[PDB]
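The model below depicts Enoyl-[acyl-carrier-protein] reductase [NADH] FabI holding triclosan.
Chain naming is simple here: A for the first sequence line, B for the second, and so on down. Heads up, chain A uses the PDB entry numbers, so what you see runs 2-275. Note that chain B carries the PDB entry numbering, so the residues on display, from first to last, are 2-275. Shown for chain C, in order and in the PDB entry numbering: 2-275. Here the PDB entry sets the residue numbers for chain D, with the shown residues being 2-275 in order. Computed from heavy atoms alone, side chains included, the values below leave out hydrogens, waters and symmetry copies. Indexing begins at 1, ligand by ligand and atom by atom, following the structure's order.
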Number of protein chains: 4
Amino acid sequence: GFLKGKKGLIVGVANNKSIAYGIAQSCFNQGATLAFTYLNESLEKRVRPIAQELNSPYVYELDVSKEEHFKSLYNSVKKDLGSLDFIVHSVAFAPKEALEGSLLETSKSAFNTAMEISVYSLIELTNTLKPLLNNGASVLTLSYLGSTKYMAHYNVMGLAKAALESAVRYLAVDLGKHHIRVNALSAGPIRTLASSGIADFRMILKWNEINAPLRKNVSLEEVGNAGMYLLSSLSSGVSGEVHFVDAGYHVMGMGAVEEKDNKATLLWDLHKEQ
Amino acid sequence: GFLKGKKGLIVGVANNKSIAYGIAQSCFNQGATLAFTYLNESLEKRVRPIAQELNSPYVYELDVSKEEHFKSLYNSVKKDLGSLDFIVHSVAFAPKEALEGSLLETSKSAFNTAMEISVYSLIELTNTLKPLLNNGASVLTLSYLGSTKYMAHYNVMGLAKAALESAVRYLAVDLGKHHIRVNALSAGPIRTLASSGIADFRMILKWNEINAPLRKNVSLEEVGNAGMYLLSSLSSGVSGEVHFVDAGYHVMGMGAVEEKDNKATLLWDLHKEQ
Amino acid sequence: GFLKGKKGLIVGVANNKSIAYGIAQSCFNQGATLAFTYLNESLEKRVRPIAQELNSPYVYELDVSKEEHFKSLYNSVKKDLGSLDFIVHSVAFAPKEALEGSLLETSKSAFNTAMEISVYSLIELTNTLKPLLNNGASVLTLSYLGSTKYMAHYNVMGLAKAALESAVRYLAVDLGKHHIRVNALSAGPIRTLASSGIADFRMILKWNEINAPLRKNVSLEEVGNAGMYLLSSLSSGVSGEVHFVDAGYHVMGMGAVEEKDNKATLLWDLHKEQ
Amino acid sequence: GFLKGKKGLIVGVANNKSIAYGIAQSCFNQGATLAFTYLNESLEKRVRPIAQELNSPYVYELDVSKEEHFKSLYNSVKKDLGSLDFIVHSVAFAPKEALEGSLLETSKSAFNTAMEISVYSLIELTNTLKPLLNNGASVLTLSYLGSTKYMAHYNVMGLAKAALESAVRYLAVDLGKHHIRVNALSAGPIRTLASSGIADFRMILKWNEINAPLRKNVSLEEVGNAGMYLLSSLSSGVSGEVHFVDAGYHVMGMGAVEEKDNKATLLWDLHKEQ
Ligand SMILES: NC(=O)c1ccc[n+]([C@@H]2O[C@H](COP(=O)([O-])OP(=O)(O)OC[C@H]3O[C@@H](n4cnc5c(N)ncnc54)[C@H](O)[C@@H]3O)[C@@H](O)[C@H]2O)c1
Ligand SMILES: NC(=O)c1ccc[n+]([C@@H]2O[C@H](COP(=O)([O-])OP(=O)(O)OC[C@H]3O[C@@H](n4cnc5c(N)ncnc54)[C@H](O)[C@@H]3O)[C@@H](O)[C@H]2O)c1
Ligand SMILES: NC(=O)c1ccc[n+]([C@@H]2O[C@H](COP(=O)([O-])OP(=O)(O)OC[C@H]3O[C@@H](n4cnc5c(N)ncnc54)[C@H](O)[C@@H]3O)[C@@H](O)[C@H]2O)c1
Ligand SMILES: NC(=O)c1ccc[n+]([C@@H]2O[C@H](COP(=O)([O-])OP(=O)(O)OC[C@H]3O[C@@H](n4cnc5c(N)ncnc54)[C@H](O)[C@@H]3O)[C@@H](O)[C@H]2O)c1
Ligand SMILES: Oc1cc(Cl)ccc1Oc1ccc(Cl)cc1Cl
Ligand SMILES: Oc1cc(Cl)ccc1Oc1ccc(Cl)cc1Cl
Ligand SMILES: Oc1cc(Cl)ccc1Oc1ccc(Cl)cc1Cl
Ligand SMILES: Oc1cc(Cl)ccc1Oc1ccc(Cl)cc1Cl
């Protein structure tokens, strides 16, 4: 495969429906040597079997909010793997309240919690493992249209992803010198532990399926393959790029209609709403 | 004037070169009643005469990192002016170190400092004064190209302005229901207290000057008129807009060369570099 | 006003609901000396009173597809006004067929007509009057979100507008040196002659009203006021800018929902579609 | 490979340095059965051997300016290959003058030639071959940063590329209904027949090399692999996307400076210019 002999660190796995898992699965099929991290011993209960299924004996603890966990991580991968060719940064969080209602009511607390866990953590993770990154290494993070466009109740998480994307741009220039790449994969809505916690997510998912050019929701396999590509030398001439894997949803300037032309009606007014 | 009888709150005045003042100056000539805020007593020594120079007796204290200041602001204007038609958010801060070197070396501390003072403050300032805002009210903040593009050692400030512009988008939806507008004016480099205290600023300035389409730097007056417009009814149809006042610089995909056709040479190699 | 003693050419008026009219009306109210053109004698019947109504006795014939009309035009304003401070390029066309169905069915013939009348015309109009443009002159054209986002059946006109926004960018660099500004005002949907001829235009309009941040359609006055600003010295620091005047519509990444939060319902499913 | 048993049409091969060839090469190594096309007999002398080396006996004539060639194409692929899984649209032309001097001097003639060969041809190519496109088919075209940013003397080609990306957006919606993908690969400067004939091209190249984050120029293999990715099921979740293979150049907001921080100096002022 295109990741043969390549070593990579996967951060974000919570279960087999995780974006990072789809990416790890895809990376595995291409011969990569993987390493995984887990937030707490409860998630490790799921990250471990997942890890075994992908020929990986490297499982470490890493709660991005605990700076000492980073110090341990550096020592871990340097001992167990010597070096890293790629990193997957698939982590984000914000209090449940922050994602409902408006951005106005956001508490300074929820703001910082979402900024730190979802943005700064990319900086700390990358700086921490910087001296262990081989030349040509690739750093991939996960974003969402909500960064540049308004998406119902995404709120502060929207402000985070915008900063996240900017960081990707600045990190690509900081590491470009040493031939290292940085990108963001902008996936469309998809069912995962984090999303199943968001209010009326089934709706966001229906609006995308019905109004997206390909008229479908992206699979975990599709997101995994786009990621794998971005992390492989297949894309060594690609950096500081925000790559959409959303069934083409990003192009829409309004609700789809194209299929119906009698008088032109919204596809929404005909599917799951009549 | 297009602001006669209109009441606005100006946040961000440090001296008479501040962007916030230019916009204030312009709104003044249009008949707006002005109100100013200062960070500390030291700054009040400069904000005071200015307010007086522009007919304003309503001067209040406001350090965005102090939440109790916000409740006072409220009571202060609710008592003095009763209502607000437009708010100017001209604030941004980050430690000196964070704006030099690389984004990678940024600390969790400077990060949270950059994000709070420069982004969350717009949220608290707005949500606080919300019930004092008349229908048709306009909220303007200031950003910089660094938000979506790499600019020399802008580092963490670039992440801030990226969330800032995204916050402008969500606030516009949050407050649009109530007929209120939220925009951002992305001004080009311009010499002010805060900018003069930034490494090699002389260079960013000259580069924009030579490479900009209008072949010059933007004046404080031009930024002020751009803002006055965004804050006047003249733009009642505008919202969630990042308005560029940069002498067209933002359109360049490389250094200028145009006038000289002989064999095409960078204007920079001909201007102040021979 | 901010256009006192300023002379500008207004191109594109068909009746009193035209965008070029709103722009004209607004510029008139600011002391501008206007001049108008007309496609044919039938439109001249409406461009004449309108022209009188705005203290303008300069009315010339101009069909952008007729190269000779441009030669007359130059001679006309050189005699009648000596010079131009601003220009309004408000012209667009494409066969009815091309604006329905898909982009795939567009004939080579419709493609060219749409590109010529809608894009090249800006190039010819500007290049022709270039010798009569005073320093600080401002060139304003009109575009629509369909340039960068897909909009129902906008098709080839979507391709035109995108080339047009890129044209705006290249012309700003070409004329930038001579202190001349070039911008585009991207207006939101609004009822006019050309639009009343578009299939199911009412829907585009309804959708914007319900889903736009300000929850209303933009008025002809708001478009004019924006254009006037773009054409006045008030924006002497703005160039190569695509300025949106759509009630904040461009920020939306999906249909509005906000006002209803029980389970978060689409405002569309509650307004003009129960 | 990821295109094993996948049949595609390669349009635009001029020699072993063409972008279309690199993509073909990368696709050939992924198991695809290829088919090529040539403009005139003078190019068939370079396409035939390339087609042979890549295992292809399907070499057809196609001058996008001639509509009859499209009818033959259809018949040629329907008879020789039965159906198509992917199409490569790597064609663009504009008169030599148009690409030098200013966009202002462009003639109506050259405007129409640029638009037609570089934009309309994507529309005819896809609509003609449409009945031969299998579900999940992928359509890829090539663009350049000049489409949305000013690039020296790119001029009218910049307008074409902007319409081209817009067409990619509308075509993606027209063919998505049938599960077909449409994307654009925006490559960075690279040595080809067409580019070699461009004014001051070495400069554009050195400028991207020094200012690009990965500090190099992209290779034909990288552009090739990026396109093969876009054209394979590996990217079945991506559509209407403009994908940048430019060593990350697009992220730059100004010239590079990074590595040097004595007073912060341009990398350009130190490399190939002292
Ligand atoms: N699922 C979607 O529809 C979608 C769409 C676009 C972007 N994304 C992005 O994908 C990433 C998340 O993937 P997901 O959607 O599969 O959710 P997920 O729950 O599967 O993964 C998120 C992971 O982050 C971990 N995490 C949370 N806080 C942490 C902290 N303090 N320290 C260390 N780890 C922590 C969680 O344990 C979890 O494993 C996020 O960046 C998210 O913004 C998701
Ligand atoms: N100067 C430029 O070239 C430029 C370019 C683009 C954007 N901007 C933006 O303009 C705004 C500031 O204007 P400026 O550049 O004229 O700088 P300035 O020095 O004139 O103003 C900065 C202001 O921020 C205030 N401030 C900082 N921390 C604060 C806090 N804790 N609480 C309350 N106030 C605080 C200061 O009191 C000061 O008045 C910022 O948002 C900045 O990002 C400036
Ligand atoms: N009305 C809207 O909702 C809307 C939205 C976005 C952008 N626009 C843009 O506004 C501009 C026109 O404004 P409008 O909507 O008031 O339409 P309108 O019908 O009022 O004006 C269009 C003008 O173009 C002129 N024209 C057409 N072909 C011509 C030719 N061959 N030679 C000379 N003139 C010709 C017509 O005579 C007409 O006066 C167009 O560029 C259009 O793309 C309109
Ligand atoms: N070379 C670069 O640095 C660069 C950068 C960005 C985008 N591109 C794009 O790549 C594509 C071309 O590839 P290239 O750069 O390798 O150049 P190239 O010389 O290798 O290919 C250009 C091809 O276009 C064909 N062509 C021109 N007119 C035609 C017509 N009327 N009918 C049929 N074919 C015609 C020519 O035969 C030629 O093969 C173009 O779309 C170009 O805009 C190139
Ligand atoms: O960014 C996301 C975008 C979408 Cl559409 C769905 C899930 C996402 O991811 C998250 C969103 C909110 C929280 Cl609190 C935590 C995570 Cl992991
Ligand atoms: O955002 C800015 C952009 C530019 Cl080009 C110049 C000055 C700016 O303003 C600041 C920069 C850094 C800090 Cl700590 C505080 C402020 Cl007010
Ligand atoms: O660009 C436009 C966008 C909108 Cl929403 C409405 C009208 C517009 O303008 C036109 C569209 C098509 C044709 Cl044939 C002629 C014109 Cl004047
Ligand atoms: O689009 C391009 C961009 C670059 Cl940087 C280099 C070459 C390109 O391709 C062309 C440019 C002009 C003409 Cl006439 C024909 C072609 Cl194929």
TODO: State which chains or ligands correspond to triclosan.
DONE: ligands 5, 6, 7 and 8
- [ ] Find all other chains that place a heavy atom under 4.0 Å from triclosan (ligand 7).
- [x] C
Task: Closest protein heavy atom (residue, atom, distance) for atom 10 (C) of triclosan (ligand 7) - done: C:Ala195 CB, 4.0 Å
TODO: Below 4.0 angstrom from a heavy atom of C:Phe202, which triclosan (ligand 7) atoms are there? Numbered from 1 as shown, please.
DONE: 5 (Cl), 6 (C)
Open item on the list: Judged on heavy-atom distance to atom 1 (O) of triclosan (ligand 7), which of C:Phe94, C:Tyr155, C:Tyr145 sits nearest?
Closed with: C:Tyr155
Task: UniProt NAD(+)-binding residues of chain C, heavy atom under 4.0 Å from triclosan (ligand 7) - done: C:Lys162, C:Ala195
Task: Heavy atom of protein closer than 4.0 angstrom to atom 8 (C) of triclosan (ligand 7) - done: no
Task: Active-site residue of chain C nearest triclosan (ligand 7) per UniProt, heavy-atom Å - done: C:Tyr155, 3 Å
Open item on the list: I'm curious whether triclosan (ligand 7) gets near the natural ligand site - which UniProt substrate-binding residues in chain C have a heavy atom within 4.0 Å of it?
Closed with: C:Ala95
Open item on the list: Mind checking which residue and atom the model joins triclosan (ligand 7) to with a covalent bond? None is a fine answer too.
Closed with: none
Open item on the list: Starting from atom 15 (C) of triclosan (ligand 7), what is the nearest protein heavy atom, named by residue and atom, and what distance separates them?
Closed with: C:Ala93 O, 3.1 Å
TODO: Among all protein heavy atoms, pick out the one at the shortest distance from atom 12 (C) of triclosan (ligand 7); state its residue, atom name and that distance to 0.1 Å.
DONE: C:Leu100 CD2, 3.3 Å
- [ ] Give the residue list for triclosan (ligand 7), heavy-atom cut-off 4.0 Å.
- [x] C:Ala93, C:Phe94, C:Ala95, C:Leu100, C:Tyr145, C:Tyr155, C:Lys162, C:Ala195, C:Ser196, C:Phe202
